[PDB]
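The chains referred to below are lettered A, B, ... by the order of the sequence lines, with proteins before strands, and numbering in each begins at 1. Start at 1 and go down the list; that is how both ligands and their atoms are numbered. Contacts are counted only within the shown part of the entry, which is not the complete deposit.
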Amino acid sequence: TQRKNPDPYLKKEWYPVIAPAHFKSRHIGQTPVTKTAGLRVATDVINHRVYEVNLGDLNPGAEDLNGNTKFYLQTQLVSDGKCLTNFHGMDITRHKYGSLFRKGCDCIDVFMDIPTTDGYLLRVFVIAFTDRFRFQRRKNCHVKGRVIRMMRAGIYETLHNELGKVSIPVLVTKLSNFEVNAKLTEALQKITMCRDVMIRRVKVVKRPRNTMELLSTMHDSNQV
Amino acid sequence: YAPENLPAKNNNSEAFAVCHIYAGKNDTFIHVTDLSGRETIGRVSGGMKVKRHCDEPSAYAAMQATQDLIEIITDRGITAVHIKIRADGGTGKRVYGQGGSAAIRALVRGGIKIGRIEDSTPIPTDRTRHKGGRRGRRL
Amino acid sequence: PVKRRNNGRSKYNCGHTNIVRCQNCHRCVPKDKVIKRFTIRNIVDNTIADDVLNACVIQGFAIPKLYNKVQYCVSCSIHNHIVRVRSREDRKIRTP
RNA sequence: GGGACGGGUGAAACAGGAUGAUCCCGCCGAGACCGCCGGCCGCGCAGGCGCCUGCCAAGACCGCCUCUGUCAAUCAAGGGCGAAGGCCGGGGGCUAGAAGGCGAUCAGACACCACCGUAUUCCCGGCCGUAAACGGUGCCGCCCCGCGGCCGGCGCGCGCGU
Ligand SMILES: CC[C@H]1CN2CCc3cc(OC)c(OC)cc3[C@@H]2C[C@@H]1C[C@H]1NCCc2cc(OC)c(OC)cc21
Ligand SMILES: [Mg+2]
Ligand SMILES: [Mg+2]
Ligand SMILES: [Mg+2]
Ligand SMILES: [Mg+2]
Ligand SMILES: [Mg+2]
Ligand SMILES: [Zn+2]
């Protein structure tokens, strides 16, 4: 009952994929698509696609600092034969997450819902671990409850104050840098030892239907 | 293939795709996709190259399938790939089979450049009940 | 008679503990009685790590690791040589 | 999207596939569950106890030149709680899975292995009142070699370290 079919790659053509201006290397790559036929149109089918890009490839250099973070972009508008994208979410790699854990320590995980001025609503996730004091007799490094609640409250306060309300471009710049992580750590380190403190990932829950002024804002160098 | 049916050439970089490896306990899958997963360039499996069921996840079949796949994709105009190595997962073994490393070495020795590598095994924060019962496979 | 003072488990100041499934046979075991080991291994076997690194385009790339915890039942640990049957006097030794 | 096998085993064979399967990605629905941290850690009368946020009441321990003044210990009868399975009446329906069915193995296999699958597993109200319900050691009280580890609270000392 088998049949042979013609090669479908004889009616294909590639498009380029472009990144926002916050980053140095703005060529993501290329995507194939079938040439328009009937109702199918390439500029419509390739409209909403999601590309996972490592931060160390978007910003060459700083491999030891950028190689374990990877956010993904979504195309919103096809023009000039090239596809334009904006921010869709951020995450770290799996090996880093697995490496974070060690026996004898405590783990804190927090998430808060963060709205924006542009109408995006985001959920962020923050992870922290306790560490050992320099002259600690005992081997374990657990802590008491009051310390834990202070750490959670401080995380909430810092997140609210630095990310309480912000535009997408500013948030993307902050995430590309690690200043939010720096604030989290120096606020928490004032309470106790902090082995690691960072942002696990960012999710987008709801966004406005039309993002054209935003896309035009993200894709030009000078406005930011 | 006409030139417009292949990726464009430019000195800034090369053609990058991503390969998905399924290193199972019963079969091996080698799959090449675009940067997104919505298009497929080449798909081969270890059961296409052997006659014995128990040999489908063997390394030899994986290598043969990998050579065929690199031939196809090179004809289609792809030179570098990222890697996504994966096990069965899902409240399962969570350990790679024996065909994954053979696939990787076959890609490397086929003149294919390598980008990034990561684990893609589907793991949960919560567990549905697995099979076997509370006494397990007794045999 | 009684063979071990711990009765073959590590259960102190409690009545019940949560259960786990053996990774080989999927038997249900108490968490305090299951044999646990932690492993750290490279995704790529070390024989071809150099080949992969040569093929890699990025500069200064480091091979990722796998972090997993293996949990086995008593029967499966013995059958797979994870633990050994010891002498009467060596049962008290606790060092690895 | 792509085009020929896939699943499963010690090895195989039943169920799936050109009506496009397996594989990749995205969205949608529902119901369970709470991972790595997680322990000669801890809480609870025992049975038992692990997502975020908030609310309600409770409890042992330590510290004290606060109060009362024997108000106590243990217990037939009686009362209350009590794993899992099971039952009655209502809800819900995803995983697994007694009964049942089917493929293998065997001399036989109505069993162990593979696959499908009903009750059940989840919630409310209520019965039942059993377990290797084990530290197989009843409760209250006194004396008692030496060394060490962990948890909670308080005090002393200094060169100020959890
Ligand atoms: C429970 C199913 C039994 C059915 N067979 C008989 C034929 C056979 C021949 C083998 O030689 C290769 C063989 O090697 C693994 C297994 C079998 C199975 C044996 C099954 C009996 C089962 N309990 C007794 C001992 C045993 C040992 C086994 O070796 C690991 C085994 O493999 C899963 C199954 C069994
Ligand atoms: Mg056996
Ligand atoms: Mg005996
Ligand atoms: Mg008990
Ligand atoms: Mg019940
Ligand atoms: Mg008794
Ligand atoms: Zn096991």
**Report entry** Molecule at ligand 1; choices emetine, penfluridol, seocalcitol, dipyridamole
**Finding:** emetine
Query raised in the report: Looking at contacts alone, what is the main macromolecule next to emetine (ligand 1), by its name in the PDB entry?
Result: 18S rRNA
Query raised in the report: For emetine (ligand 1), which other chains have at least one heavy atom closer than 4.0 Å?
Result: B, D
**Report entry** Other-chain residues near emetine (ligand 1) (heavy atom, 4.0 Å)
**Finding:** B:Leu139, D:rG10, D:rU105, D:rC112
Requested in this report: Report the molecule name of chain B from the entry.
Outcome: Ribosomal protein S14
